[PDB]
Amino acid sequence: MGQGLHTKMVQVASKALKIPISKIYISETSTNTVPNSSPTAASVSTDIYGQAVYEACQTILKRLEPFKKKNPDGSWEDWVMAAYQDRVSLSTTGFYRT
Amino acid sequence: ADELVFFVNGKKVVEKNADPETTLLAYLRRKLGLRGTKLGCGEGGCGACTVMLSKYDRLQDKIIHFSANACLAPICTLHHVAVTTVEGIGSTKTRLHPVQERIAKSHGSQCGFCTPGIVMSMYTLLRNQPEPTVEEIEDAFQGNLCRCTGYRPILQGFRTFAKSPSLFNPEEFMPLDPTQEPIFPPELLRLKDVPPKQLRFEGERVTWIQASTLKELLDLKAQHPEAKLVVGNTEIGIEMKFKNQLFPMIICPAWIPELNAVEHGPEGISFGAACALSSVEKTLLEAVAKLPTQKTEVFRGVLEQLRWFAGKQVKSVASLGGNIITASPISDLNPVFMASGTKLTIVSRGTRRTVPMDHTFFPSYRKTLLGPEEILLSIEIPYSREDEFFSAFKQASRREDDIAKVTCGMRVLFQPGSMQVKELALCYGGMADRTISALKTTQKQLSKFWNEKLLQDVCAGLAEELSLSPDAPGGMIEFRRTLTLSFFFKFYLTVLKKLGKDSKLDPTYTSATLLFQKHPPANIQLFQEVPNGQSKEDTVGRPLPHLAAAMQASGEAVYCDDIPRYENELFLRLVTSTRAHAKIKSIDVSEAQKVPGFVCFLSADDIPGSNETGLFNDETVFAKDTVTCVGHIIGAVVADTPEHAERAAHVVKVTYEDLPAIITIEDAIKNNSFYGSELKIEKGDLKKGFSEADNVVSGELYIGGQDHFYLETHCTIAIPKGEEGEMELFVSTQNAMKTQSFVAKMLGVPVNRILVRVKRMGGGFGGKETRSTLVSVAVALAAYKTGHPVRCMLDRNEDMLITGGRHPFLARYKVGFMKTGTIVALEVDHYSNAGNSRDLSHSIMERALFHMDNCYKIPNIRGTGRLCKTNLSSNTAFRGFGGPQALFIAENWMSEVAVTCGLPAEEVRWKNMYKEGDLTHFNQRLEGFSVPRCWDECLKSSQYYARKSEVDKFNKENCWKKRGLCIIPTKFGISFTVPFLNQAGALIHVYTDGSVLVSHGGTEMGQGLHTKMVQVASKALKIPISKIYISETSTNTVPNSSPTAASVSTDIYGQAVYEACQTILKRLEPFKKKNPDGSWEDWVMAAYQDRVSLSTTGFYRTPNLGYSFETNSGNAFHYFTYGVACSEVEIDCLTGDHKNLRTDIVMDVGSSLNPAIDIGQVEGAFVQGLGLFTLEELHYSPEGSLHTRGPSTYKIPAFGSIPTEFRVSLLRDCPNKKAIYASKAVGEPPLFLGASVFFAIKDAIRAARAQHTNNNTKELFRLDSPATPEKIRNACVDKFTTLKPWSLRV
Amino acid sequence: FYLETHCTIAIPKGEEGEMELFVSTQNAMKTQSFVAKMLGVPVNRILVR
Amino acid sequence: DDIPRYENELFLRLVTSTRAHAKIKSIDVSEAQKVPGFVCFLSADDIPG
Ligand SMILES: Cc1cc2nc3c(=O)[nH]c(=O)nc-3n(C[C@H](O)[C@H](O)[C@H](O)COP(=O)(O)OP(=O)(O)OC[C@H]3O[C@@H](n4cnc5c(N)ncnc54)[C@H](O)[C@@H]3O)c2cc1C
Ligand SMILES: Nc1nc2c(c(=O)[nH]1)N[C@H]1C(S)=C(S)[C@@H](COP(=O)(O)O)O[C@H]1N2
Ligand SMILES: Cc1nc(-c2ccc(OCC(C)C)c(C#N)c2)sc1C(=O)O
Ligand code: MOS
Ligand code: MOS
Ligand code: FES
Ligand code: FES
């Protein structure tokens, strides 16, 4: 709504994943991607969504590890592709409870 | 004038600016927002646009109801007519109509795109006859095509309007109450009083003048000679849409009573030139029933023609006059009218003459002897005199609704009570550029007697008088000529029978003096019941109908183009190559830009990203520099309407400079034009193998390609957002992932910026596994460049020319074997015509090689494959994916081994069959090999042995008709041959009300994936299915998904969903425990409150996969689906036509998740199979231009094409531990089983050849696929197919 | 006094009571269940973006 | 509202109370129906849920 939530969330994911923000994008908010959400209020949205995003990024980094190891000098793109090929899921959820 | 007034579903429409070029289909969809009526061809052949028309007829003083194809109906012909669409008889939002209810509950709907039109065809019937007969119920669908169901279910369900567990209960069907049928529009009925006045309409380019009286018609024609008349528009509509014709001024005489008058005079019955064929048919039938047989000889002739003339929709609008004057070289009526000198009453202001039709009426191509100010007023089909006999024959590719190869009308008149010819006329269609009479040949017979010698002379006469030059248009020179002699032979034999009185002929001949006959259908379906004590809520294993059947049967189901259009949405029409290979030297759009509504012309230059697309980056988005096949996309036009983009696109001038083209597999081999290097699988010792083989056979076989013909053609809607290169696309595709990255590559933006959503496809079958991106990416560029959302749905012909199809195969084999029939060695070399692109062509070849063994153990084997790089649209995947081709070649040489050995085929096959534990040629254990059980059970329930006797008895007692009986098995490798594609994701959310929303990477196309997935989640979660819902497939809910293909979608997505459900059940446990007596809703809410996430992902990776052609090792498939089919046919060795009498299938689906979906899948794949092997055939000009581009020239199986007795069975007690809930993929496996029809036909051809040809019990004749009536007839060599150098050789 | 006042776009699909809504709101969840309660269809049938 | 509009997209204008507290004794739409483009008037009665 102008508070810069999506900007902050991109910044968090970029630090979390350790990739430029340019490779990250947030298009919108929808009930079919993340259900039963609390209203964007109480000023905690950054605190709580950022933690949820963060967690997601971790699952991702964990899944991609075996590949980063097998190819230390590789790029982010190399590892992602390698994970796709090895039929490793590149989609996860993140959640947080204060 | 000016005001067009009609009703649609009770509501009155007043169009103040009717444009003569507007069809009802477009009006209903664009202007009236009623998308229930679909567009499937626009030629009147599929019936997906079927609607009911009701009007008050004066002359009968009664309301009439008839079906009609909305795509050919000009709205200007509908003044004061009440239209009824699918949505006008019921809906899920209110209550379905018995017709819509039954088809849905009977599993008569799969992708459901054809369902609306079929619902209306059955509706019109019931609206005319509330209690139809099984025969009228079938004849109702001759203008309707379904590509999914195999037709059996549609007919079994509707059979209830007529007069072990089962797939449906007819006792729960709601009875049809006509007293509740929507009444005829009262207002519309009051207008019947007012005297018809002359109307006038003015569209963008055409002027329509609806005449109300004969006087006005004659005056109009006087003032405007060039003006074309239109009644049914089933001819003019085609010329305008397809032939690029513009008739600026049209006159519709339809209203004029004298053009609709029916009179029964002493010479015969007269019909006004506007009378619809259906009316003529009705009149004639009653005339035949009331008058003595001797007076109805010519009547019965017309009836036999009208019998296989289009369908109900076309015959209800097509006018008698319209057929005659169009003067089509292949008219089915003109030939009959000429042979009988039917009286034609021609008029014009002042003048009026009556002349009998004869050869002089058709001067030249499509021309007649009418004056530019003349109009045909009436036709008098003649009564039949004593000693006068008539006959009428027609032969095409498919019996139901088809353009004739050769059609005729034959008449003879003898001297009183004698056998001496007085008058003799033989008139044919399909032999010249106009209907002709074989006058020369018939002259020499006048005064001669009806005898064996006359028969001989005539055939010699016909053979000389109606010769065809090799360059004959339409080709099929031999077959066509043979048909004229064969037709006469039937006429000859029939007349003898008729000269036999009764109050004769050889015993084995009368069969050749009989018109087509439909025996009563008998179908049985048997599957296994679910465990006696299974929750009524655990739907897995029960025959639960397709969750969308009802909405598809009501027109509420939404397909891509059904999606409403934005106020600023633009339309795109692709501009394609007309040369098979050449340089693009210039593109001119001067003409296009002049068309109203033209926005812009897109070409390679406009692409912001890269023009390099395709699965292997060997394709272009838009052609640059050179075109490499006819139909190759060069650019596209965007305009404010579909019509404008189409017209504008048609005048874009491309100037080419031709290049050496490589069209066929031959030239491909000749010029060494391939893609990559040879593929191969070799096992054992060939040299050593043949060396030990008693007999050895070599050959060459060919299998034609195939068009998917999904009812909904390719379609894409692109919505440019405006920010960050964001774009949302609604596409009819089975590969959202590739659509996503291909669109992104073209635009040059990260993949995360593009969203692709797939509700459902009105059919895919592999045609949409990748080739859908051809349309998607083009629409995306238009969206990108214009800023407005853009859409495009291909027309049937564009779809057929561009999207690519099944791979045509060419095989060169050689098999060694022992007298016993045991195969010892094998060598098959496959060649597939790949098209101007790699695409999937390569993996298809591999699947082929993995199946060249079918169900047989071959110790020494070697198979190779090459991909022929040609200048034809790139071919792609097609239900079977290379498997069907390989299995066919396998069964061909196998059939030859049986003949050569002189042993029964089942025996040769059974002894050569794999055994539990054996290794394939690619070394993989066949665990749970059930072909044996399928084989035994099929042989037994089909009564194969008892019937084989029956077959031979028939062959003995029949001379011009034979019967074939064959039994084929099959095994299909389950899994993608690319290991990394065997992965699947799923996202499941449970909302606070307890309702669940599932999303997986799989898409729906009619196979019932979403239904099966709901069933799985309902069993998994242990809640009713009602609380679960799947809305669609989208790239933002489940990323990087493999295409919905390889038949594993249920296996893999169901596992992914299942996993998700588990995570959910695990999270909810603590709460179920804290509150055991609680409901699902209680626990969910409790979990929400305790801040426990109700959203998780699911994923699956198929274990132990990875075969290497390098070491012929490693599993290639997770398991195999097996099945056996037994078919029996009867061919007419004189025409080439045949009928499938009975087929018996036993499939091993393991423990079925849904026996209704699986069986509908078996029957459906089976029919597309018999289609590939015996009916569907594409033709191209030598230079690479496709000829067959519509249902009119490409005949897929029709309602009347399925085995009269269709029995399907799912193997009991055989759970498959390898896949979810013990089920097995059922998608592709059964399609090859349609080959049993092919080999059943070949079996019949042998009987024929043994009758009039060779005397070699072990002769091996080549019969390629498809076994068309042309191939069948030509293989039935006889004195007909059979019947001058200076010096010889000797 | 937000510069953009309240705004909502509802798109009825035609099947199973499905509806997609484009709303200017900070509570998609409540928009979702409230819309569903009014229509009387499961919450899974309504999409809010 | 910046989102493009569908060719058949209709517009809604809320009809509100002008009294701080009272009984609704009657609603007349005779005048409304006469306005060009009027489609319909929605009230509590139409709600399905
Ligand atoms: C799916 C499909 C299947 C078909 N199957 C067959 C088939 O099996 N056998 C076959 O023969 N045909 C077939 N046809 C062709 C078709 O039936 C005819 O061309 C139709 O009979 C013509 O009538 P109409 O009223 O539609 O004609 P229209 O489209 O109006 O066209 C008639 C033409 O005849 C002229 N004309 C019409 N009435 C008169 C009159 N009273 N006086 C003077 N000139 C006149 C018009 O000017 C025009 O050139 C098929 C068409 C479709 C679309
Ligand atoms: N009615 C219908 N059935 C169909 C299709 C289709 O497009 N329509 N696609 C076929 C093809 S080509 C395949 S690979 C499978 C895929 O089935 P699945 O999605 O359950 O794996 O369904 C088959 N059955
Ligand atoms: C039906 C079927 N499809 C297959 C396949 C093979 C390669 C592909 O893409 C290759 C690219 C990513 C390099 C895609 C896609 N998309 C699909 S294998 C197969 C089977 O049946 O084995
Ligand atoms: O006031 Mo902000 O929490 S909505
Ligand atoms: O032929 Mo189906 O895999 S697409
Ligand atoms: S679209 Fe009209 S018959 Fe196919
Ligand atoms: S269900 Fe009939 S064409 Fe798909």
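Naming convention: chains lettered A, B, ... in sequence-line order (proteins, then strands); numbering from 1 in each chain. Method on record in the header is X-ray crystallography, 2.8 Å. Counting starts at 1 for both ligands and their atoms, following the listed order. Shown: partial entry. Contacts: counted within the shown part.
Among all chains, the one with more heavy-atom contacts to ligand 3 than any other is, according to UniProt, Xanthine dehydrogenase/oxidase.
Among the options tolcapone, febuxostat, levobupivacaine, the match for ligand 3 is febuxostat. The letters of other chains with a heavy atom under 4.0 Å from febuxostat are B. In chain B, febuxostat lies within 4.0 Å of no UniProt [2Fe-2S] cluster-binding residue, judged by heavy atoms. In chain B, no residue that UniProt lists as binding FAD has a heavy atom under 4.0 Å from febuxostat. Of the residues UniProt marks as active site in chain B, nearest to febuxostat with least heavy-atom distance to 1 Å is B:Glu1228, 5 Å.
Under 4.0 Å from febuxostat, there are other ligands or ions: ligand 5 (dioxothiomolybdenum(VI) ion). Counting heavy atoms under 4.0 Å, the binding site of febuxostat comprises B:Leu615, B:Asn735, B:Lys738, B:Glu769, B:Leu840, B:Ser843, B:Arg847, B:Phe881, B:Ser975, B:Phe976, B:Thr977, B:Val978, B:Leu981, B:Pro1043, B:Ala1045, B:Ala1046.
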